[PDB]
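Caption: PDB structure containing rapamycin.
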Amino acid sequence: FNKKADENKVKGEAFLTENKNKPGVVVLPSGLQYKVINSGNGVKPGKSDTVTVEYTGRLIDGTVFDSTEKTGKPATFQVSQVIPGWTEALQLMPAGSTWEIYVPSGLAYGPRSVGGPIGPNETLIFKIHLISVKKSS
Ligand SMILES: CO[C@H]1C[C@@H]2CC[C@@H](C)[C@@](O)(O2)C(=O)C(=O)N2CCCC[C@H]2C(=O)O[C@H]([C@H](C)C[C@@H]2CC[C@@H](O)[C@H](OC)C2)CC(=O)[C@H](C)/C=C(\C)[C@@H](O)[C@@H](OC)C(=O)[C@H](C)C[C@H](C)/C=C/C=C/C=C/1C
């Protein structure tokens, strides 16, 4: 079944390679890429602050394994408990601004199939809309 690993691997290596190149996308040294769907330039949380957002998660191949923005109902996460990719992105995503981040498998759910449809060597992407921001102290 590792055969699939190669697909996730190639599509994924191509996904990041392609995504960083895709317009609106900004790539970082960590390999994390974010695209600003809507600029808000508002507030936003630190690694320890809490955030409120809505989002849709899918595979490089379009296999949607999770969603929330579809519902449009925000979810609360602590930047410290969120996926690594998300960890930095929220801190860079201003409130009111809607971004899309493409998280390298290393910064996402792992290089292994760590999920349902999420197969071996899967790169995951999510759409992140910032509705409200908290604060640790
Ligand atoms: C894992 O299983 C997932 C289930 C699915 C997997 C697929 C993804 C699409 C999703 O649907 O969650 C999903 O919505 C999701 O993961 N999201 C939503 C979008 C941003 C945050 C991200 C995510 O889960 O970040 C976080 C990320 C998944 C956790 C790990 C971060 C490090 C990274 O290396 C790991 O890779 C695997 C994943 C989890 C969160 O959503 C937010 C921030 C964290 C919580 C609310 C905390 O409750 C959680 O923090 C971990 C905790 O473990 C606390 C302490 C204790 C409680 C009882 C346990 C919660 C467990 C949550 C587990 C979750 C949701």
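Going by the PDB entry, the residues shown for chain A are 1-137, listed in order. Whatever order the structure lists them in is the order used to number ligands and atoms, beginning at 1.
Across the structure, rapamycin can be traced to ligand 1. Within 4.5 Å of rapamycin (ligand 1), most heavy-atom pairs belong to the chain that the PDB entry identifies as Outer membrane protein MIP. The dominant UniProt domain at the interface of chain A with rapamycin (ligand 1) is PPIase FKBP-type. Within 4.0 Å of rapamycin (ligand 1) on heavy-atom distance sit the residues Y55, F65, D66, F77, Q81, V82, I83, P84, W86, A108, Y109.
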